[PDB]
Chemist: 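Model shown: Prostaglandin G/H synthase 2 + lumiracoxib.
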Protein chains: 2
Amino acid sequence: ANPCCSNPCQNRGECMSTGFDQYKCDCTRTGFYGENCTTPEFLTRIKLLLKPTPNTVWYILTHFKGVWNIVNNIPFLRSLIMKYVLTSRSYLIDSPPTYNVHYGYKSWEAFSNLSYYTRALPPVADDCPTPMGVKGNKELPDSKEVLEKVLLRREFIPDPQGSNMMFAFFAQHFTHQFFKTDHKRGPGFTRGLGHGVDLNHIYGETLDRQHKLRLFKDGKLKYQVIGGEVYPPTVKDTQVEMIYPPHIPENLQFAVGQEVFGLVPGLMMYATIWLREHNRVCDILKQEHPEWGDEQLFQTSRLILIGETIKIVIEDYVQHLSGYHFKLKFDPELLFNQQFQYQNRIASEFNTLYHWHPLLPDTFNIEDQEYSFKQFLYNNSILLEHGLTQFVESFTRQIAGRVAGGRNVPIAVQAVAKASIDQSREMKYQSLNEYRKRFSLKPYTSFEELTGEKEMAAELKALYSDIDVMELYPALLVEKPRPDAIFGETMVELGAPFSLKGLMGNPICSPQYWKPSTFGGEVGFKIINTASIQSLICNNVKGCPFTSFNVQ
Amino acid sequence: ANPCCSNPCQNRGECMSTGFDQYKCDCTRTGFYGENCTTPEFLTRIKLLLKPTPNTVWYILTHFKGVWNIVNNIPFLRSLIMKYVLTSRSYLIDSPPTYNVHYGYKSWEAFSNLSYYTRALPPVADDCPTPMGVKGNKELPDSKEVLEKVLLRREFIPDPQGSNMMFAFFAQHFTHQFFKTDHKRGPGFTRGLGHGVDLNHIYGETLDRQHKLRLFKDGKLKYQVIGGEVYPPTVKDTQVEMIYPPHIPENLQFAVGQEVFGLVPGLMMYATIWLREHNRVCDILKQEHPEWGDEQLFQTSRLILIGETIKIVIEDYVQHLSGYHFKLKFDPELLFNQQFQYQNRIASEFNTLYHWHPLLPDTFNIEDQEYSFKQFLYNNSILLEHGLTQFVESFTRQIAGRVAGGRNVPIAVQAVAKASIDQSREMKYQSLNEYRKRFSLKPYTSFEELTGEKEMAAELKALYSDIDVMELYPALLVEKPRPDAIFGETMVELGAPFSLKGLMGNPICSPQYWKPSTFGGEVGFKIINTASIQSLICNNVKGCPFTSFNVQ
Ligand SMILES: *[C@@H]1O[C@H](CO)[C@@H](O[C@@H]2O[C@H](CO)[C@@H](O)[C@H](O)[C@H]2NC(C)=O)[C@H](O)[C@H]1NC(C)=O
Ligand SMILES: *[C@@H]1O[C@H](CO)[C@@H](O[C@@H]2O[C@H](CO)[C@@H](O)[C@H](O)[C@H]2NC(C)=O)[C@H](O)[C@H]1NC(C)=O
Ligand SMILES: Cc1ccc(Nc2c(F)cccc2Cl)c(CC(=O)O)c1
Ligand SMILES: Cc1ccc(Nc2c(F)cccc2Cl)c(CC(=O)O)c1
Ligand SMILES: *[C@@H]1O[C@H](CO)[C@@H](O)[C@H](O)[C@H]1NC(C)=O
Ligand SMILES: *[C@@H]1O[C@H](CO)[C@@H](O)[C@H](O)[C@H]1NC(C)=O
Ligand SMILES: *[C@@H]1O[C@H](CO)[C@@H](O)[C@H](O)[C@H]1NC(C)=O
Ligand SMILES: *[C@@H]1O[C@H](CO)[C@@H](O)[C@H](O)[C@H]1NC(C)=O
């Protein structure tokens, strides 16, 4: 019924109904005009020829390594390029946010209600004839069939980029502070009202939860010592609610910021490391400020660990998966002379892109042991058995699975991979090509172009019939990977804008926050600016084991 | 004890303790250096000579009326000047926000907790020897003595700018959507979690309250017809909670967005006007969009009334009290090529500046009646008796009191004016001169310089002894007024940055929102851009009575 169901407006134009069977496109500041905003203005036509393809920019950044060696050592030039990286990506994000799962039009409810994930593209109207709008059949192909044919893992396909389990669990740990779906309300809702990197997975979402976790001495968080090693406190000691099976002994019920981090020892490993990092920073700040109280020591340490997290994510984590030879740089000053909104709203699609199920291995290999999913889940006894040192060394060695390329989703999490499909449909997501156009990508003309091969493409064509009906999430996992890369084009070109906007949109990156006094002086400021995944492990894990996000 | 108690850092430098009796100033991006950030850099020294005094800029804007007549009709030039107005003011505001009543240092608690008013200046630390830091005596002068000597009204002093009661009640009505002190928590807390112009005083703060107020037909709000006139619904009919004395008849207990607007008929008058405006806009939008449902009609009308509100505040309301001959302009496009944060956090100080107690008259003169405070309070029967038309005509005629100049606080509200003083001390406000310096003003060197006279100045000197101890709030009401103006310099130079930042910081002023489709097309967009305090009254009040923010 809705005349906008066909998504007629192009180039980020906005569609509005002007009757029961008529519409109008708002071409304001899109650079285009005409009925569907497809006729480019003069300046627009120029940029279309100048601006390079994303597979060209990716090529430049991931090749000419000898040239980048020169550029990386020229601070002026390095800053110039990183500046362009930050600005060009964040331009794709609406800020302040617009739509959510319940509003395909702008409204104060959509803006003000922080319980929603926001949406980069509006939901398909409920009164639309087809799930994608007007194209396709009355119902999308069976999600179980999509899963089994092109998603489920036959043989384990390792990541050619060499991403290890330190990378895998970091991603899971890091993103679970702003991906906290409120399953009581629905998949389009979140419990992470900070909508960013606030480290609530360490300190707790609520003030009540934070105080139960705090020692209230020297700004530190509560902890316990087991075998001479520092571990998180227990549920019994702090009364913070955690998610554990009833058969789990209460001395193994560790209490941390995020309630689900008891799920896997890999998450509990990072929770422990970050816990130690907080208290380490407390000691350092106390050395500098003996006149400071517990409260200021805590708050300043939290701001410092936020800085470290963003530092590490940009210069280690993102640096790895991007495959760039350009040396990425966390420098908030790069945006001080730029137009930039220091705010963020977590997008539903960003959460969907981050469903990296194929990343998981078939077994979790710690030391000489090889644990199954059943043995690994909710089993912190494994962590106490081997220790953090053995955990880091083992996870540094074990490679992770390739995400793009198809058929690499471990069958142990098939219900989870199917939920992504189902829930994406439940949230009325628009098609793959709609999202590609939204982020300046050309639509795929065939399933073969999408997969880069023949077999899976044929399988998908039997299911979806039309390429313009192809869903976003399963397309990410079967997409033709970039040359020896872990991802396809869609994953990176869509995800980077959400990521960098979330990282740089943090208030500590703003000019009034980004100064030594915010972090207790130059000493605390230096902790942020010299942070790395290696130094994080070195300072907090016994023996200072070598670590990295790739296998050696 | 705290080495920062003397507020040693100048030019918005930040003070940090480096020991029990030592400090360090963070001079980052202040334009100054040295121990106290008092030594100007070269570029800074230039601007100091170039940049004009606020009492000179005010002079230019409020004089040379013949010249402004030419400028106002040159769209390029008018836009250029309004641009500078918006940018130069908003630069004084920290955005994202920093301090609150409980944090004199930056912290994630201070940033993330929206229940706090933010603070333009940090509170004086609790372990400071004197209430202002180090200067003055152990305790500030008795607030009752300050009140009775230089604040309380002897003879009614009318506003020379001709501000009427339409202005007074507009101010009270308008500001009570973001000044909603949570008295359960303390004076530094707020219930207005939107921290801006969201019109929650019309639509309710919570979703539960909004749905009780809505008709769920044609996007409209519930209403009742009394004597052929449209008035708000009752508490009994809608079950929304309002604040009323137990003796108030339930047919007179009107239910509106703000729970306190039953307090005075002046507020209920505006609540009724805006209620009618929402339903009027619903009719217009329904005419254009018969295919729209109740929800979209409601949401779009709300965004439109938000636009009208900002439009009226800038071009009628602010236009009046500013005294400018320059024609102010609400144009979000003026900031599209500028650096600006589309966000806002309501400052405690802005609330304190807005305690315009001297504005109130001695009686509320409606038609041929003259009501006392006792008769006027909680008496909506007055509103039904005379009607909206008579209210508008009467309030347009009745002049309001001068705010600056001293001794004009009506004794009927002395308990409220005393509370303003006491709560300011409770929230540990810094001195008047500290806040003047914060907003680029020179400190007052004497009480005579502050008041511009002799008698009140002597009174204050006996109470405060030192000018550097003089409090902010009572200083506003006794300050030497600008020539034939309602305010002194401090009130305007401090308030204008808070005001304009809140208005333009609204998400509908952002480039992604500021387009016709957001407001249902050009017809709705036109409503915002042609809104005025007169058109608001003309469209919604029978007879289209003349109205204005000044007496005729
Ligand atoms: C914002 O800060 C206020 C003040 O600290 C918090 O209110 C306190 O909440 C605790 C519960 O954890 C109560 O025991 C205190 O009595 C409250 N104090 C006051 C003054 O009300 C509030 O919880 C914080 N809000 C958020 C969202 O964290
Ligand atoms: C944000 O939106 C959600 C969804 O509309 C609101 O949750 C609803 O709240 C009402 C109460 O007013 C309940 O009757 C519904 O069952 C809730 N729905 C869901 C899906 O949870 C929520 O209240 C909104 N948040 C705010 C702060 O207004
Ligand atoms: C779904 C997704 C997409 C891209 C990235 N990172 C990334 C990338 F893979 C290439 C260039 C820049 C960035 Cl920020 C990430 C990881 C991250 O930035 O948090 C996730
Ligand atoms: C305490 C206070 C100070 C200044 C103003 N308005 C105002 C003014 F009085 C002069 C110049 C610009 C502006 Cl925005 C106002 C009114 C307002 O904008 O809400 C209140
Ligand atoms: C705009 O799009 C509609 C539907 O997508 C199409 O039928 C029409 O031809 C288009 N108009 C143009 C391209 O001018
Ligand atoms: C948990 O891990 C330990 C190894 O430390 C193993 O012995 C035990 O069987 C595991 N528990 C389950 C339920 O698999
Ligand atoms: C800085 O301020 C302190 C206290 O206000 C003062 O004692 C000191 O002399 C100042 N230092 C300067 C102005 O260099
Ligand atoms: C309320 O106003 C009416 C006039 O409409 C007046 O007669 C009455 O006395 C007032 N009520 C009180 C309690 O003063």
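Here is the naming used below: chain letters follow the sequence lines, and residue numbers restart at 1 for every chain. When a ligand or atom number is given, it counts from 1 through the structure's own listing order.
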Chemist: Map lumiracoxib onto the structure by ligand number or chain letter.
Modeler: ligands 3 and 4
Chemist: So, around lumiracoxib (ligand 3), which other chains have a heavy atom under 4.0 Å away?
Modeler: A
Chemist: With heavy atoms under 4.0 Å as the rule, classify the contact between A/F498 and lumiracoxib (ligand 3) as side chain, backbone, both or neither.
Modeler: neither
Chemist: Of the protein's non-hydrogen atoms, which lies at the shortest distance from atom 16 (C) of lumiracoxib (ligand 3), and what is that distance?
Modeler: A/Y354 OH, 3.1 Å
Chemist: Can you tell which part of A/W356 has a heavy atom less than 4.0 Å from lumiracoxib (ligand 3): side chain, backbone, both or neither?
Modeler: side chain
Chemist: Going by heavy atoms, is A/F487 under 4.0 Å from lumiracoxib (ligand 3)?
Modeler: no
Chemist: Considering only heavy atoms, which of A/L321, A/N351, A/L86 lies nearest to atom 5 (C) of lumiracoxib (ligand 3)?
Modeler: A/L321
Chemist: For atom 4 (C) of lumiracoxib (ligand 3), grab the closest protein heavy atom and report residue, atom and distance to one decimal in Å.
Modeler: A/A496 N, 3.7 Å
Chemist: State the atoms of lumiracoxib (ligand 3), each with its element, that fall below the 4.0 Å cut-off from a heavy-atom position in A/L500.
Modeler: 14 (Cl)
Chemist: Which UniProt heme b-binding residues of chain A, if any, have a heavy atom under 4.0 Å from lumiracoxib (ligand 3)?
Modeler: none
Chemist: What residue and atom, counting heavy atoms only, is the protein's closest point to atom 1 (C) of lumiracoxib (ligand 3), and at what distance?
Modeler: A/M491 SD, 3.6 Å
Chemist: Considering only non-hydrogen protein atoms, determine which one is nearest to atom 10 (C) of lumiracoxib (ligand 3) and report residue, atom name and distance to 0.1 Å.
Modeler: A/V492 CG1, 3.5 Å
Chemist: Between lumiracoxib (ligand 3) and A/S499, is the shortest N or O to N or O distance under 3.5 Å?
Modeler: yes
Chemist: OK, so UniProt lists some substrate-binding residues in chain A. Which of them have a heavy atom under 4.0 Å from lumiracoxib (ligand 3)?
Modeler: A/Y324
Chemist: Quick one: nearest non-hydrogen protein atom to atom 13 (C) of lumiracoxib (ligand 3), plus distance?
Modeler: A/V318 CG1, 3.4 Å
Chemist: Can you identify the UniProt active-site residue of chain A nearest to lumiracoxib (ligand 3) and give the heavy-atom distance to 1 Å?
Modeler: A/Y354, 3 Å
Chemist: Taking only heavy atoms of A/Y317 into account, list the atoms of lumiracoxib (ligand 3) that are under 4.0 Å away from them.
Modeler: 16 (C), 17 (C), 19 (O)
Chemist: What do you reckon, does A/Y324 have a nitrogen or oxygen under 3.5 Å from a nitrogen or oxygen of lumiracoxib (ligand 3)?
Modeler: no
Chemist: Taking heavy atoms and a cut-off of 4.0 Å, what residues surround lumiracoxib (ligand 3)?
Modeler: A/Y317, A/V318, A/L321, A/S322, A/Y324, A/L353, A/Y354, A/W356, A/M491, A/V492, A/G495, A/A496, A/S499, A/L500
Chemist: Return a table of N or O atom pairs, lumiracoxib (ligand 3) on one side and protein on the other, at distances under 3.5 Å, rounded to 0.1 Å.
Modeler:
| residue | atom | partner | partner atom | Å |
| --- | --- | --- | --- | --- |
| lumiracoxib (ligand 3) | 18 (O) | A/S499 | OG | 2.5 |
| lumiracoxib (ligand 3) | 19 (O) | A/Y354 | OH | 2.8 |
| lumiracoxib (ligand 3) | 19 (O) | A/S499 | OG | 3.3 |

